[PDB]
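In this structure, GSK690693 is found bound to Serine/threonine-protein kinase PknB.
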Amino acid sequence: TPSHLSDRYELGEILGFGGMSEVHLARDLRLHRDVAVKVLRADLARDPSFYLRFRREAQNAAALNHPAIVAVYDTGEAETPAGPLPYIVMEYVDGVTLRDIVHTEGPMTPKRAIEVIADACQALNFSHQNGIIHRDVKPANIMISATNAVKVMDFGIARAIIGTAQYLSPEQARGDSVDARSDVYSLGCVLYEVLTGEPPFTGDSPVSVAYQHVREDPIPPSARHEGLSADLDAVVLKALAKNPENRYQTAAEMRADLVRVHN
Ligand SMILES: CCn1c(-c2nonc2N)nc2c(C#CC(C)(C)O)ncc(OC[C@H]3CCCNC3)c21
Ligand SMILES: [Mg+2]
């Protein structure tokens, strides 16, 4: 992790990190603008099993051009003493995730949660229309900028044409085929959690959470948290239907129903 990548992007403070990658705030010295740079860890940057996933993340994200989807600007490899260092240059979102918001400020107001999630539906529907399934819809992958613009990010496991158990769908868990309606389900879990302050199913173990996704129906949000209408309950519970046929068939359908509740 040198000071500059290709004598172009001067890395700044770290914004976040996971098991395989990290994300820095950086400065594009040619264009004189702030960008975010996602870097593949050198600790295990040799394994082509990762190298392909990282390159494929950059391509899937770059295939999408949408205001609610973090934009990819560039990509390459930085020459380092340890070897080649892959990196993705992308739009910098000066904001916080829904995970941070719920953890520090508790559930959102119904009016706001509907607007944020309705914007996320648009991003996902656009992705689905272009043949890319996110697979990792969760509160940590949706951002709200200082502009209050919603930004979906982290395509790291997106499929063209696993995630956290509390947000997996009955089909995404257990390896079955996943389609747009699987992202809808995950988005329903996100909506459930920004409204009530907790996801629909918690458990001491992953198999405990997975089992509930398949067999147990969710507690209606209005029962978990006050100030929640019965019309919002229906939207959330339809997104959390067990059978894909009963869910919203597209993220756009889910958004249309959220607008009805708002208005
Ligand atoms: C660190 C936050 N963060 C950001 C940005 N933060 O400000 N501007 C950003 N852009 N982008 C990502 C991506 C990505 C991607 C593409 C679109 C190229 O696929 N993946 C992951 C990120 O955090 C990881 C989260 C995950 C959970 C805990 N650590 C923080 C990102
Ligand atoms: Mg993430």
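The numbering of chain A matches the PDB entry: 3-163, 177-278, in order. Determined by X-ray crystallography, 2.2 Å, according to the entry header. Start at 1 and go down the list; that is how both ligands and their atoms are numbered. Quick note: numbers below take in every heavy atom, side chains included, and nothing from hydrogens, waters or symmetry partners.
- The ligands or chains that make up GSK690693 in this structure: ligand 1.
- Near GSK690693, within 4.0 Å on a heavy-atom basis, the structure shows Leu17, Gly18, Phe19, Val25, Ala38, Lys40, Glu59, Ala63, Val72, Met92, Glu93, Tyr94, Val95, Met145, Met155, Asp156, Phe157.
- The UniProt domain of chain A that supplies most contacts to GSK690693 is Protein kinase.
- For GSK690693, the atoms sitting less than 4.0 Å from at least one non-hydrogen atom of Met145 are 6 (N), numbered in the order shown with element in parentheses.
- Residue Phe19 has at least one heavy-atom neighbour below 4.0 Å for each of these atoms of GSK690693: 29 (N).
- Scanning all protein heavy atoms for the shortest distance to atom 25 (C) of GSK690693 gives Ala142 O, 4.5 Å.
- Checking only distances, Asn143 never comes within under 3.5 Å of GSK690693, N or O to N or O.
- UniProt Mg(2+)-binding residues of chain A with a heavy atom under 4.0 Å from GSK690693: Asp156.
- Interface atoms of GSK690693 facing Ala38, defined by a heavy-atom separation under 4.0 Å, are 8 (N), 9 (C), 10 (N).
- Of all atoms in GSK690693, listed by their number and element, those nearer than 4.0 Å to a heavy atom of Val72 are 10 (N).
- Distance remark: protein heavy atom present below 4.0 angstrom from atom 13 (C) of GSK690693.
- Measured by non-hydrogen atoms, the distance from GSK690693 falls under 4.0 Å for these UniProt ATP-binding residues of chain A: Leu17, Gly18, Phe19, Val25, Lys40, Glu93, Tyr94, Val95, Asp156.
- GSK690693 places these atoms under 4.0 Å from at least one heavy atom of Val25: 1 (C), 31 (C).
- For chain A, the UniProt active-site residue nearest to GSK690693, measured heavy atom to heavy atom and given to 1 Å, is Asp138, 7 Å.
- Considering backbone and side-chain atoms alike, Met155 places every N or O at 3.5 Å or more from each N or O of GSK690693.
- The atoms of GSK690693 that sit less than 4.0 Å from any heavy atom of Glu59 are 15 (C), 16 (C), 18 (C), 19 (O).
- Among the ligands and ions shown, the ones besides GSK690693 lying under 4.0 Å from that drug are ligand 2 (magnesium ion).
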